[PDB]
Amino acid sequence: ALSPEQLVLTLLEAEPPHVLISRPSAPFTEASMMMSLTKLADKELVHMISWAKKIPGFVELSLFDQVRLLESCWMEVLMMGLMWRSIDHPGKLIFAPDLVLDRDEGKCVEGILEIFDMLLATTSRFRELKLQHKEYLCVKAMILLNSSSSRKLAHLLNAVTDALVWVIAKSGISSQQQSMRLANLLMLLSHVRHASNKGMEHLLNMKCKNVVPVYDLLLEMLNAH
Amino acid sequence: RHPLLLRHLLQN
Ligand SMILES: C[C@]12CC[C@@H]3c4ccc(O)cc4CC[C@H]3[C@@H]1CC[C@@H]2O
């Protein structure tokens, strides 16, 4: 079993790489913006499965639970990553190093502007709280593990919570400020979940009306709905 | 209904 500090370091070593994607040469259309964003998502999904497998305890769960967790959390985990990438750039969504979208560029995709505004507002909350790197790592793991072998899972989630509490304690703030910071970080989990629910409705519709074709792993996740 | 995800989960 790991100490809180060691668990955090394990999460740090597990971080997935930044997928590279570029703008098309021609101006964005509804179809081409949806193509660039789903292509990004599908590649990230491959690395996400590898990340989850490195979270201590995950591969000891039943293979059924592993499927269920990833199936439930994937959009949330993508959005959390995006928000972290975007945290020091107000008005912008840093999908990848060469795909940095200004808020208004979403005007070309029907319905996406609402979701961009949710992601941007939640990102601003994390900015105002001064979310720290180690806190981000614990929260992202908590998203996976709370998305819902059973004894193992509640234990795993508790270990990650203990790790977050440990990180907050290291900041040196008062006992009541520590409780307050824990509450404020965790209250943002429901905003991430809300944005995921809305993003999933949007993408499912776009797929359904054949605005954008999706393949392989992303296709398989969407067909589950 | 998860051939790919299972394969990624099991691959090394
Ligand atoms: C799911 C959507 C396509 C993929 C987008 C994506 C793609 C990659 C990523 O890391 C984060 C996000 C969040 C916003 C997502 C979009 C919101 C609506 C759209 O359908």
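Chains are lettered A, B, ... in the order of the sequence lines. Using the numbering of the PDB entry, the residues shown for chain A are 262-409, 422-498, in order. Here chain B follows the PDB entry for its numbers: 4-15, in order, are the residues you see. Counting starts at 1 for both ligands and their atoms, following the listed order. Determination method: X-ray crystallography, 2.1 Å. Both backbone and side-chain heavy atoms feed into the values below; hydrogens, waters and symmetry mates do not.
Lab note: drug at ligand 1 identified as estradiol. Here, the main chain in contact with estradiol is recorded in the PDB entry as Estrogen receptor beta.
Lab note - other chains with heavy atoms under 4.0 Å from estradiol: A.
Residues of other chains with a heavy atom under 4.0 Å from estradiol: A:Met295, A:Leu298, A:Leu301, A:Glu305, A:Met336, A:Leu339, A:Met340, A:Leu343, A:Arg346, A:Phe356, A:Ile373, A:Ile376, A:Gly472, A:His475, A:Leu476.
A:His475 ND1, 2.8 Å is the protein heavy atom nearest to atom 20 (O) of estradiol. Numbered from 1 in the order shown, with element, the atoms of estradiol that lie under 4.0 Å from a heavy atom of A:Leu476 read 1 (C), 20 (O). Short contacts between estradiol and A:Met295, defined as distances under 4.0 Å to a heavy atom of the residue, involve ligand atoms 20 (O). At least one protein heavy atom sits closer than 4.0 Å to atom 9 (C) of estradiol. In terms of protein heavy-atom proximity, atom 16 (C) of estradiol is nearest to A:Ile373 CD1, 4.5 Å.
Among protein heavy atoms, the minimum distance from atom 6 (C) of estradiol is reached at A:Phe356 CE2, 3.7 Å.
Closest to atom 17 (C) of estradiol among all protein heavy atoms lies A:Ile376 CG2, 3.9 Å. Near A:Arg346, with a cut-off below 4.0 Å to any heavy atom, the atoms of estradiol are 10 (O). For estradiol, the main contacting UniProt domain of chain A is NR LBD. For atom 2 (C) of estradiol, the nearest protein heavy atom lies 4.0 Å or farther away.
Counting atoms of estradiol from 1 in the listed order, those under 4.0 Å from a heavy atom of A:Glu305 are 8 (C), 9 (C), 10 (O).
The nearest heavy-atom contact from the protein to atom 7 (C) of estradiol is A:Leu298 O, 3.6 Å.
Per the entry, the source species of chain A is Homo sapiens.
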